[PDB]
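Drug ibuprofen bound to macromolecule Prostaglandin G/H synthase 2.
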Protein chains: 2
Amino acid sequence: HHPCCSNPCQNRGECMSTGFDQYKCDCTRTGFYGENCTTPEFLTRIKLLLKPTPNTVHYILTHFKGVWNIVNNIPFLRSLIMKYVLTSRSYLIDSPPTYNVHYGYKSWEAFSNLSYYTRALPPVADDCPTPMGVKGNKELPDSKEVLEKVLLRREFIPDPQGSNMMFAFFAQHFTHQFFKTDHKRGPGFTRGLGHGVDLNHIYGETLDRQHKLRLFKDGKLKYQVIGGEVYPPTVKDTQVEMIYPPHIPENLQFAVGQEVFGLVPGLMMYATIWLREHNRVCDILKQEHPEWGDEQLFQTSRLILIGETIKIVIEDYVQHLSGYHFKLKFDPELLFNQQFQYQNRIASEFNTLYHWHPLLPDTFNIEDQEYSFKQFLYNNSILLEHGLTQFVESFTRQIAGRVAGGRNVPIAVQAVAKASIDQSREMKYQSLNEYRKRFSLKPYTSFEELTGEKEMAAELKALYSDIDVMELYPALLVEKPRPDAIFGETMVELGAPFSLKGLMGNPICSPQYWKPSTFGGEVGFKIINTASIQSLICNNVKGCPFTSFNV
Amino acid sequence: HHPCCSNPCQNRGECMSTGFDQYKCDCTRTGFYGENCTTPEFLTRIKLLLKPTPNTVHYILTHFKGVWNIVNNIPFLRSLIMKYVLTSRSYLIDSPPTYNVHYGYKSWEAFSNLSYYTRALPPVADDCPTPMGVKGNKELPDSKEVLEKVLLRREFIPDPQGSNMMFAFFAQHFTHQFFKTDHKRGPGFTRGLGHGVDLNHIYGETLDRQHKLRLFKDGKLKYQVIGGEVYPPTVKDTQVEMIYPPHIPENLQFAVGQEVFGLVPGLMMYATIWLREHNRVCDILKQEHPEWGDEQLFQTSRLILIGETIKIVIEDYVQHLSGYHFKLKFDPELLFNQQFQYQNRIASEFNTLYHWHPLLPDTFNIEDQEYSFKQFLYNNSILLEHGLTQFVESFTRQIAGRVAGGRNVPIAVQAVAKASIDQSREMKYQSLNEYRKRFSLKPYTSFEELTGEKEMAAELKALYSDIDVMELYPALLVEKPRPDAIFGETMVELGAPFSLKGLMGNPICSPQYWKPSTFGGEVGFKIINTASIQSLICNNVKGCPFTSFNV
Ligand code: HEM
Ligand code: HEM
Ligand SMILES: *[C@@H]1O[C@H](CO)[C@@H](O[C@@H]2O[C@H](CO)[C@@H](O[C@H]3O[C@H](CO)[C@@H](O)[C@H](O)[C@@H]3O)[C@H](O)[C@H]2NC(C)=O)[C@H](O)[C@H]1NC(C)=O
Ligand SMILES: *[C@@H]1O[C@H](CO)[C@@H](O[C@@H]2O[C@H](CO)[C@@H](O)[C@H](O)[C@H]2NC(C)=O)[C@H](O)[C@H]1NC(C)=O
Ligand SMILES: *[C@@H]1O[C@H](CO)[C@@H](O[C@@H]2O[C@H](CO)[C@@H](O)[C@H](O)[C@H]2NC(C)=O)[C@H](O)[C@H]1NC(C)=O
Ligand SMILES: CCCCCCCCO[C@@H]1O[C@H](CO)[C@@H](O)[C@H](O)[C@H]1O
Ligand SMILES: CCCCCCCCO[C@@H]1O[C@H](CO)[C@@H](O)[C@H](O)[C@H]1O
Ligand SMILES: CCCCCCCCO[C@@H]1O[C@H](CO)[C@@H](O)[C@H](O)[C@H]1O
Ligand SMILES: CC(C)Cc1ccc([C@H](C)C(=O)O)cc1
Ligand SMILES: CC(C)Cc1ccc([C@H](C)C(=O)O)cc1
Ligand SMILES: *[C@@H]1O[C@H](CO)[C@@H](O)[C@H](O)[C@H]1NC(C)=O
Ligand SMILES: *[C@@H]1O[C@H](CO)[C@@H](O)[C@H](O)[C@H]1NC(C)=O
Ligand SMILES: *[C@@H]1O[C@H](CO)[C@@H](O)[C@H](O)[C@H]1NC(C)=O
């Protein structure tokens, strides 16, 4: 079998076979040397001595509110700290990208073929003696047994960080522009060839789709007006393909950039809000530029909404998730004197870790109604009946579920949780602890250390036998949360590098794009740099209801 | 008409309309301010005082051979200087890319759509009063008159730098992997979606083409043996499409990665040499890695040949062209402490400036034969008859034509030279002097200043009236050459940024790729770092004939 099956090289050293039964580790620029890249250079020894653990840094960031209150109000200091957050996180991501599901060695095919998700760790080779390499049993435990014993919800567990359904549906809407698995090809393939925040879930992945969604007047997107309210246009009107069951009324087959967004009314809620936002920005640019044509109005509005998106994701969405007293900043200028690649490739493991289905409540509570999953799915009538204003008021008030901590996946989506496990295995993912090492975390030494409790830990012990073959996805959902937090350590320390790299890697953040003229002047630039989740709702939802990502 | 038609903003500032007849310049990070970005900041003033002209620096690099001989032998100093050549040239290129033929403003369409060549300067807007904006006559001079008066060859003018036909066909073969215009769409469109040195001209642009060209044993490319010599396989054997006239017999339709390389036996000579090199490297890797399969052998050899290509282009090809006494270096490590983007988009203007057809001789002289263009084109019989050893010996001896200095386009390709002019206009290129300012050059103040003489200058004066509407492409070919040089100032100062950025921008030059394990270990790595045009010929051509890019 492959000599690298045991994953011998440490500290991001790379393993290469050098014969049928021999390997060599390439320790180049790891800060380590020796056969397995485990002997630290002098400087590396010193660095390791002084480095705080993630849990220590997390502590500091979530305490001393009074100090952070001062720090937040000193621009130079706030910039310094945000610059360090961006650079230190982004360093953990290979860019240009390297591995994918078919290539555990660098190749021009892996580099150039955008239909692959990339891989933060290479796949376990096909001929390895066990699923995780050489450790553990010949087969992993039955994925249904793992699902049922430690993932499925008994009683709803609320997010102690107070995340609401505005947050949950924003997470789903936002991420599904770059998590778009090409199931015809397999789980390691994506249909999101822009590999990031290009707003294809509003505008369409292809030019043909985009042009069917556009009005071709004033830069705007097509729309319909039902009961005096602006909604996306229909499938029949646009000839845009959408996923809908056969029984859906013609005028409820809303057509939007992302074909799956008819799945759930919470998605259609944001699709509608962003469509309105695009057309609003068109109106503003037309006022500013009476001389501009439709094409420039459309393109410049798209750039502005991309900037708005990144602004809101950092300063509202990630701010909320972080739990930090430090005030995050969206500021491309922070990187202009740093080394940083303005490109990104979406990682399979980023997709996996973002399967946050424990957020979902047992019912969807709008106004006085409590809808079941069966009532809520593919049902845009609910959106039309209550209206956007009521959707926002209700979802702002409704608490979402905790993601880490175990046993909180709604049984309505149990098949999704099982697929995340089955597809992880199909893509030959390395183990939880290999991923922890990859992101500078200490391997867990027991199941009880992983969960912080005894009962799930024992079920896991019996299923997996060795902590070193525990799987990434179920680990994320059973991991001991930070104190009163929605996530455990592995979720944040993997998620944050992927997230921030992906956000700042966008070309609009590069120096030649990050200028007023890119966005039609100071007016368009300011739309980006003053965007918030509250302003997005205030500008585009009748009555300007209050909103927030927390209850 | 468009308010920016006159190109009012200077020093890389960006022009935006602000009403039907007003404009605003965005001077962000130009080092200048004021209505047109022409007022220097203080630091800027100082820099402009200290900065030597391109002609001055060129003079320095091409004299003092004794001093350079010392510098070339001080590793530290060589590295310092080469590093500054790389960063200073690359800084001139927008990366991530910006404009293209359809977008004179930044847009997501222009950023994301890889079918476009990018544009170093935006197109002249469609409603401008004159072709170049507001200056000059309503129509540009007849391109047939420009061609005949100042471009077409009378007597053959040999290159004073002694470039040979090994050089001319290397330029053609190498560049035609990333200059591949998509004529179905138009001159501003490319079929080279890798936008760089990906060796698609050997391996094919698409995966389907690649797999038809591959043997699927030992990593190798398919081939045939003719008289004991290895040649590319045929179209019939591979089902790989090629462009050939109907009279070419089945046995002479060689199939290689680039569809057009059957056009000229000089291209097919390099196609054969590189095909042999791929299979040679496969043999080496297989010795080092008996445990490897065909796919990894194939992919690793491709990465090695990409490295060889960049190595040879810098240290042989560009070295020769430069005329410098300084010894250039291919060393990705020079950029590891620098700000640099490992990406590139091929510019239309890079394509245009590389139309180096004056290199071509009046006849192609192999052994004792002198082939006309009519006899040479599409004639792979010539290659089989003389063989590669004789091709190399003959092309190494045969001098190529001077490119700058006027009147040296071969009449056999007058239609190509006319097309370069006509297509530049179709793509709405800005004038020569706009491009000179874009690359930090002083505008020419007269046609005599451009040509360094009187006769051609007066013909151009009559044709164009105003030096500020002189076109880029014909100016390149009539420009006053550097002393005893193949090119004038504009060619080098535009060409060098595009070239070096494109070479170092390749992902194999990035830190996570530039490691021995990427290339199958130290033996694979050393193949890249010792590659040369002589070793390429020596290893793959019977008898190891001596070669170089000069006569
Ligand atoms: C009513 C709400 C939801 C339903 C019915 C639902 C259902 C599904 C289904 C059926 C899949 C396909 C999985 C497969 O078999 O391959 C999926 C994928 C996924 N879901 Fe959910 N989900 C919901 C909410 C959410 C939320 C709130 C998030 C938060 C981020 C989320 C994140 C994801 C991700 C990242 C994927 C992978 C997408 C891809 O690769 O294309 N989902 N979901
Ligand atoms: C016998 C030798 C050659 C012949 C017959 C030839 C002929 C042609 C022709 C017919 C075109 C297409 C022009 C059009 O778009 O209408 C072309 C394009 C071009 N040629 Fe040549 N040429 C030769 C040698 C060279 C050499 C030595 C170079 C050196 C750099 C060169 C550089 C180019 C470039 C860069 C293009 C544009 C390619 C593209 O846009 O796809 N050619 N040539
Ligand atoms: C990116 O990589 C994808 C995975 O390799 C690749 O998809 C694969 O494409 C090949 C070749 O086009 C398909 O194989 C085909 O060729 C044989 C002929 O011998 C047919 O019998 C097959 O049915 C098929 O037509 C694979 O089917 C396909 N694999 C998957 C999983 O989709 C993409 O083409 C690559 N993308 C680019 C842009 O290169
Ligand atoms: C490099 O790592 C390998 C593990 O992959 C080490 O070899 C193993 O060492 C353990 C105990 O240390 C033994 O139980 C195994 O039998 C060893 N495996 C093999 C294949 O020999 C190796 O010692 C490490 N090298 C260094 C220098 O620390
Ligand atoms: C990149 O841009 C070109 C130019 O617009 C696109 O080519 C057009 O495609 C549409 C349909 O998508 C056709 O109706 C046009 O005839 C095409 N025009 C030309 C000039 O080719 C191309 O599709 C775009 N590529 C991507 C991936 O979106
Ligand atoms: C007090 C907070 C100062 C800046 C906090 C940076 C937050 C992210 O810093 C992270 O800390 C981890 C553990 O030390 C490291 O492993 C990561 O590389 C680093 O990105
Ligand atoms: C020996 C001095 C170092 C060699 C010079 C680097 C080669 C390219 O130097 C060039 O010189 C031009 C004029 O100054 C500039 O306009 C270019 O931006 C710069 O790249
Ligand atoms: C070596 C003699 C040629 C130099 C004369 C300059 C060319 C101007 O003459 C042109 O030459 C073209 C090519 O033959 C012809 O097709 C045109 O009909 C002719 O006008
Ligand atoms: C977990 C990930 C998906 C979201 C996330 C959460 C926190 C952070 C902060 C700013 C950090 O970098 O520590 C970034 C991104
Ligand atoms: C003109 C271009 C196509 C070729 C070329 C010529 C010279 C140089 C040197 C290294 C420089 O930067 O001055 C680079 C590239
Ligand atoms: C769809 O929603 C409506 C309310 O708008 C509800 O009454 C109806 O029962 C739902 N449909 C299904 C199939 O549950
Ligand atoms: C700026 O450009 C215009 C031409 O567009 C010119 O008239 C003006 O004098 C220039 N300089 C200043 C300082 O405005
Ligand atoms: C092709 O070259 C051969 C020499 O190998 C020559 O005899 C023949 O005439 C040429 N063909 C044409 C059509 O010129």
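As listed: the chains are lettered in turn, A, B, ..., one for each sequence line. Here the PDB entry sets the residue numbers for chain A, with the shown residues being 33-583 in order. Per the PDB entry, chain B residues shown: 33-583, in order. All ligand and atom numbering here is 1-based and tracks the order in the structure. The figures here come from the full heavy-atom set of this structure, side chains too, leaving out hydrogens, waters and symmetry mates.
- All instances of ibuprofen are found at ligands 9 and 10.
- Counting only non-hydrogen atoms, chains lying under 4.0 Å from ibuprofen (ligand 9): A.
- Looking from atom 1 (C) of ibuprofen (ligand 9) to the surrounding protein, the closest heavy atom is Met523(A) O, 3.7 Å.
- The ligand atoms of ibuprofen (ligand 9) that sit less than 4.0 angstrom from a heavy atom of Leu532(A) are 12 (O).
- Contacts of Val117(A) with ibuprofen (ligand 9), taken as heavy-atom pairs under 4.0 Å, involve the side chain alone.
- Using a 4.0 Å cut-off between heavy atoms, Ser531(A) contacts ibuprofen (ligand 9) through its side chain alone, with no backbone atom that close.
- Taking only nitrogen or oxygen atoms, main chain and side chain alike, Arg121(A) reaches within less than 3.5 Å of ibuprofen (ligand 9).
- When non-hydrogen atoms are compared, ibuprofen (ligand 9) lies under 4.0 Å from neither the backbone nor the side chain of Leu526(A).
- Counting only non-hydrogen atoms and rounding to 1 Å, the UniProt active-site residue of chain A nearest ibuprofen (ligand 9) is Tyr386(A), 4 Å.
- Across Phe530(A), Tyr356(A), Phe358(A), heavy-atom proximity to atom 9 (C) of ibuprofen (ligand 9) is greatest for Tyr356(A).
- Looking at atom 8 (C) of ibuprofen (ligand 9), its nearest protein heavy atom turns out to be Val350(A) CG1, 3.6 Å.
- Using a 4.0 Å heavy-atom cut-off, the UniProt substrate-binding residues of chain A near ibuprofen (ligand 9) come down to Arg121(A), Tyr356(A).
- Bonding summary for ibuprofen (ligand 9): no covalent bond to a chain.
- Measured against 4.0 Å, no other ligands or ions are close to ibuprofen (ligand 9).
- Applying a cut-off of 4.0 Å to heavy atoms, one finds the binding site of ibuprofen (ligand 9) to be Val117(A), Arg121(A), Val350(A), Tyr356(A), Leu360(A), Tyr386(A), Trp388(A), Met523(A), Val524(A), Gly527(A), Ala528(A), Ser531(A), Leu532(A).
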Please tabulate, one line per pair, the protein nitrogen or oxygen atoms found under 3.5 angstrom from a nitrogen or oxygen of ibuprofen (ligand 9), with distances to 0.1 Å, or say none if there are no such pairs.
{"unit_1": "ibuprofen (ligand 9)", "atom_1": "12 (O)", "unit_2": "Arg121(A)", "atom_2": "NE", "d": "2.9"}
{"unit_1": "ibuprofen (ligand 9)", "atom_1": "13 (O)", "unit_2": "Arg121(A)", "atom_2": "NH2", "d": "2.7"}
{"unit_1": "ibuprofen (ligand 9)", "atom_1": "13 (O)", "unit_2": "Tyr356(A)", "atom_2": "OH", "d": "2.4"}

